[PDB]
Undergrad: 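In this model we see nacubactam (bound form) bound to Beta-lactamase.
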There are 2 protein chains.
Amino acid sequence: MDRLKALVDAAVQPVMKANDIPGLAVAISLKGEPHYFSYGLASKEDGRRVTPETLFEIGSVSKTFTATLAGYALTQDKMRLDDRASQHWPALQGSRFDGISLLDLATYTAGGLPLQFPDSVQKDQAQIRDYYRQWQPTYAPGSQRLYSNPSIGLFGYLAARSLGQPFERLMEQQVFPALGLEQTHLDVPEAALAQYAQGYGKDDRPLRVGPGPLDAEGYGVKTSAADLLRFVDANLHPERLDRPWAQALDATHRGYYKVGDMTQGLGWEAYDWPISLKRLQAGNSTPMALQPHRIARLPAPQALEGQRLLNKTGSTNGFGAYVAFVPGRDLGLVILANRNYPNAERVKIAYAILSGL
Amino acid sequence: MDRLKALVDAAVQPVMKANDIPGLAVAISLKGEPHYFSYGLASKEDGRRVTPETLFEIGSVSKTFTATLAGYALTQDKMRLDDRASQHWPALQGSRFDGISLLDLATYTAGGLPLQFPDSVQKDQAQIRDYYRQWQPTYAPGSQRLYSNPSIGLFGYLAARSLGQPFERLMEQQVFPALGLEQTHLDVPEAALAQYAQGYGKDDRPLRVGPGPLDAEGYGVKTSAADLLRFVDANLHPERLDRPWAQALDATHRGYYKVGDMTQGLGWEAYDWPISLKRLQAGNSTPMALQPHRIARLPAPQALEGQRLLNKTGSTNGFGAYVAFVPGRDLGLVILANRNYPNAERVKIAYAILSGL
Ligand SMILES: *C(=O)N1C[C@H](NOS(=O)(=O)O)CC[C@H]1C(=O)NOCCN
Ligand SMILES: *C(=O)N1C[C@H](NOS(=O)(=O)O)CC[C@H]1C(=O)NOCCN
Ligand code: NI
Ligand code: NI
C-alpha cells in the first residue's frame, strides 16, 4: 500500500500546508478494500491526533443522508416525488406549497428558497412553519436551481412526516443502522465526545456547529472517516443492505436535470468521469452555491452509475468535507478536515488521488 | 396438527405479502417429528408450486456445512483450530497468514478480511492465492470480528487441503451423504434442475447465483426445506450419525467469543433462549454484518447446548434463508424464500413460530 500512501501524501500535504489545516482524515475504498490516512491534529490545544475514528462535522454532505431517508419513504410507498409538499404537512395547505412538489424541494427548484433560513428563524417548529406559510417565490416551480438549506430541509422534514416520526428519530434508529453505521450521529453522544474534533474558523478560533432550524436535515451530521467510507461503500454496493435500504440508496442515484456539467440527484451531484479538474472545480464553485441557474431538465430520470463521479461538498464554520465515488470503477473517497478551506482545494486533493487510482 | 398450521400461517402469510415473496418453504422439527408448510410459487414464469422438495439457494447458511467439514477434519486429527493458516497451504508461507490461526479465519477475526472478495478476483486459484498473499490486516489478529466470505472461505478451503481433496469433492462425496442428505448440492445436477426455484431480485428480475471465488465455502449450497431440516435434526441429535460425524457436528456447537448478545461458533451463532425479538433482530442486523466489533473472548470454548438458540441467516440476490434450533427444547426450524427479504423479517417469522412452541 506504499504506492497508495505516496499518492495520498503527495496530494494531501501541500494542501494542508497551504490552507493551514490542523487535521485531515482520508479514507479510500479501492478494489473492495479500505485504506486510511490520518494527518495532523483533531485538537491543537490538547494535541489529540486524527485517526480514522475522529468525528468531524460534514456540513452539507448531510444532505446525502437526508436523501437516503426520503429514498426509504418512497420504497415504503409513504410519499412520491411528484407529491405536492402540503400533502404531507396540513399546516402548509393553502400556501404556495400546494403547488410545489417534493422533487422541487429536494433539488432546490421550488422558486428561490434562500441559501439559509432568515437569521430571525430560530430552531422552533412554529417559526419554521410560519416561514414556509408566508414564503413568496421569486420563480415558477421547477425552472431555477438555487442551492438551499430550507428547500432540502423541508424535503427531509416532509419525508419524516410521511413516515410518521421525527426526522432525528428516523435517522438515529432506522437510517444510520440500516447503512451499517454506528459512529454516525446528528448529536454526538456523551460517550463519543472525546472523539469529536475541534473546528478552526476563519480567525483560527476553536468552533463547533451551533443549533439552527432544520440543521439535522441540511448540515447536522458528525461522523468519522471510517464510518463515512462505510456509507460510500454502501452507495457503491447497495446490495450490502436489506432490500428497501438498497432501493433507498438507488433512489439517491437518479438524475433529474443538468446545470452546466453537473447532473442533480437527490443529495448527490454527478459528473462524467473522467472530467477535467477545472470543470469539476467549476461544478463545485461559489457561484454554483450562490447564483440561481436555469435547469436543463432530463426527459426521464437518469441512473447515476457507470463512468460517473458522484460527489458532495460540505462545510461548517470550522470544518470542510468532501466525498466522491465512481460507481463503474468501485472507487470511493472521503476527505474530512477541521478547517473550512476552499471547495476547489478539496477537489484538488480528490482529483489527484482519483486520477492515480 | 391444524394447531401448528394455524401458528405457521399467521407467522408467514403477512410477511410474504409485505415483502412480495413469491414462494416460501417452512420446515419445523417439533418433539422429533417433521412438519412442512409450502407457500406460493417456486417460479412465477411457469407457476411451479413450492413443495418441501423445492431447491432454494441458502447463501451464507452454507457456512454451517463448511464448518461441519472443518469439524470432520478436526476429528480426523488433520488440523487443529490453533494451527497457523499457512501450515495448510505452503503457498501462503511468508505472508501474514503465518500469524493468523484457523480459528481466526473461521470466526472472522483475522484482522479485517472484507465482506466479499474484490469484484476483480475471479474464481481462480492463482488470483485467490495472490489476493491472500497481498492482503494486509486492518486490525491485529483475534481482536475484531468483521463478517467475511474470504475469511471463512479460506477456513473451509484449508480444511479441504488438510484432508487432501478439493472442497467440492469432500462436500459431495463425504459430508452431505454422512448427514443423510441427498437433495443438497453445491452444483445442482441436471436430474434435479426441475426442482430449482427461480430467485427474484431487488428489482423483481429472475435471478440465480453465479460463480465466484470460494463460493462453495461461503454461500454456494442449494437445498430443500426437507433436506435442510434433516440437517437441523442431525444438529439436534449428533449421536444419530457415524461417530466421526457426530463429533464433527459437536465441533460446530462450541462458542469462542461474544459480541453483544451473540456467541460465535463455527458457522453457528448462538443466543440465550428465550430472548426478546428486538435483541435477536439486533444480533442478525446490518451493523452486525458490516461493522467491526471488539470481541469478548471466552476463557474456554463454551458448549452451545441447553436453553440456547443457534441460528444462521443467508441470502443471495434472489433468495433469503433462515435456520434455527433450540438444543434443550428439541426444536428445529427452516425458512427458505425465493426473494432476498430483510433479515429482521425472517427473524419475525421464526420468532413468531418458536414462541408458540
Ligand atoms: C453545506 O455545507 N452548506 C451549504 C452552502 N455551501 O454549499 S456547499 O459548498 O455545497 O457546501 C453554504 C455553507 C454550508 C452550510 O450551510 N453549512 O452549515 C453551517 C452554517 N449554516
Ligand atoms: C450470506 O448469505 N451473505 C453474507 C452477508 N450477509 O450476512 S448474513 O446476513 O449473515 O447473511 C452478505 C450477503 C450474503 C452473501 O454474500 N451472499 O452471496 C452472494 C454475494 N456474494
Ligand atoms: Ni461493484
Ligand atoms: Ni434431545
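Chain A corresponds to the first sequence line; subsequent lines are lettered B, C, and so forth. Note that chain A is numbered according to the PDB entry, with residues 31-387 shown in order. Numbers in chain B come straight from the PDB entry, and the residues shown are 31-387, in order. FYI, side chains are in, hydrogens and waters are out, and symmetry mates aren't considered; it's all heavy atoms of this structure. Whatever order the structure lists ligands and atoms in, that order sets their numbers, starting from 1.
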Undergrad: Curious which chain letters or ligand numbers map to nacubactam (bound form) here.
TA: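 You'll find it at ligands 1 and 2.
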Undergrad: With a 4.0 Å cut-off on heavy-atom distances, which other chains neighbour nacubactam (bound form, ligand 1)?
TA: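 Within the heavy-atom cut-off of 4.0 Å: A.
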Undergrad: Give, by chain and number, every residue with a heavy atom within 4.0 Å of nacubactam (bound form, ligand 1).
TA: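 The heavy-atom binding site is A/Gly89, A/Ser90, A/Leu145, A/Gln146, A/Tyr177, A/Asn179, A/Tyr249, A/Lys342, A/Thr343, A/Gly344, A/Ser345, A/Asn373.
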Undergrad: Flag A/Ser345 as yes when one of its N or O atoms lies below 3.5 Å from any N or O atom of nacubactam (bound form, ligand 1), and as no otherwise.
TA: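 In this structure, A/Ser345 places an N or O atom under 3.5 Å from an N or O of nacubactam (bound form, ligand 1).
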Undergrad: Residue and atom of the covalent bond to nacubactam (bound form, ligand 1), if one is modeled?
TA: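 Covalent bond to A/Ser90 OG.
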Undergrad: What is the nearest protein non-hydrogen atom to atom 18 (O) of nacubactam (bound form, ligand 1), stated with its residue, atom name and distance?
TA: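 Scanning the protein heavy atoms, the shortest distance from atom 18 (O) of nacubactam (bound form, ligand 1) goes to A/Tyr249 CG, 3.3 Å.
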Undergrad: Give the closest UniProt active-site residue of chain A to nacubactam (bound form, ligand 1) and its minimum heavy-atom distance, rounded to 1 Å.
TA: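 Going by UniProt and non-hydrogen distances, it's A/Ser90, 1 Å.
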Undergrad: Considering both backbone and side-chain atoms of A/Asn179, is one of its nitrogen or oxygen atoms within less than 3.5 Å of a nitrogen or oxygen in nacubactam (bound form, ligand 1)?
TA: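 Such a contact does occur with nacubactam (bound form, ligand 1).
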Undergrad: Mind looking up which residues in chain A UniProt says bind beta-lactam, and which of those have a heavy atom under 4.0 Å from nacubactam (bound form, ligand 1)?
TA: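 Heavy-atom check against UniProt gives A/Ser90, A/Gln146, A/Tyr177, A/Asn179.
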Undergrad: When only distance counts, is A/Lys342 in polar contact with nacubactam (bound form, ligand 1), meaning an N/O pair under 3.5 Å?
TA: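 Min N/O separation from nacubactam (bound form, ligand 1) is below 3.5 Å for A/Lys342.
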Undergrad: Among all protein non-hydrogen atoms, which one is nearest to atom 7 (O) of nacubactam (bound form, ligand 1), and what is the separation to 0.1 Å?
TA: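 Of every protein heavy atom, A/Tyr177 CE2, 3.7 Å lies nearest to atom 7 (O) of nacubactam (bound form, ligand 1).
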Undergrad: Decide whether an N or O pair under 3.5 Å exists between A/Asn373 and nacubactam (bound form, ligand 1).
TA: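 Yes, since at least one N or O of A/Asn373 sits under 3.5 Å from an N or O of nacubactam (bound form, ligand 1).
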Undergrad: Which residue supplies the protein heavy atom nearest to atom 1 (C) of nacubactam (bound form, ligand 1), what is that atom called, and how far is it?
TA: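 Its nearest protein heavy-atom neighbour is A/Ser90 OG, 1.4 Å.
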Undergrad: What are the atom names and distances for all N or O pairs under 3.5 Å between nacubactam (bound form, ligand 1) and the protein?
TA:
{"unit_1": "nacubactam (bound form, ligand 1)", "atom_1": "2 (O)", "unit_2": "A/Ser90", "atom_2": "N", "d": "2.6"}
{"unit_1": "nacubactam (bound form, ligand 1)", "atom_1": "2 (O)", "unit_2": "A/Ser90", "atom_2": "OG", "d": "2.3"}
{"unit_1": "nacubactam (bound form, ligand 1)", "atom_1": "2 (O)", "unit_2": "A/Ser345", "atom_2": "N", "d": "2.9"}
{"unit_1": "nacubactam (bound form, ligand 1)", "atom_1": "2 (O)", "unit_2": "A/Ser345", "atom_2": "O", "d": "3.1"}
{"unit_1": "nacubactam (bound form, ligand 1)", "atom_1": "3 (N)", "unit_2": "A/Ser90", "atom_2": "OG", "d": "2.3"}
{"unit_1": "nacubactam (bound form, ligand 1)", "atom_1": "9 (O)", "unit_2": "A/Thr343", "atom_2": "OG1", "d": "3.4"}
{"unit_1": "nacubactam (bound form, ligand 1)", "atom_1": "9 (O)", "unit_2": "A/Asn373", "atom_2": "ND2", "d": "3.1"}
{"unit_1": "nacubactam (bound form, ligand 1)", "atom_1": "10 (O)", "unit_2": "A/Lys342", "atom_2": "NZ", "d": "3.0"}
{"unit_1": "nacubactam (bound form, ligand 1)", "atom_1": "10 (O)", "unit_2": "A/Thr343", "atom_2": "OG1", "d": "2.9"}
{"unit_1": "nacubactam (bound form, ligand 1)", "atom_1": "16 (O)", "unit_2": "A/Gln146", "atom_2": "NE2", "d": "2.8"}
{"unit_1": "nacubactam (bound form, ligand 1)", "atom_1": "16 (O)", "unit_2": "A/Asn179", "atom_2": "ND2", "d": "3.1"}
{"unit_1": "nacubactam (bound form, ligand 1)", "atom_1": "17 (N)", "unit_2": "A/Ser345", "atom_2": "O", "d": "2.8"}
{"unit_1": "nacubactam (bound form, ligand 1)", "atom_1": "21 (N)", "unit_2": "A/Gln146", "atom_2": "OE1", "d": "3.4"}
{"unit_1": "nacubactam (bound form, ligand 1)", "atom_1": "21 (N)", "unit_2": "A/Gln146", "atom_2": "NE2", "d": "3.4"}

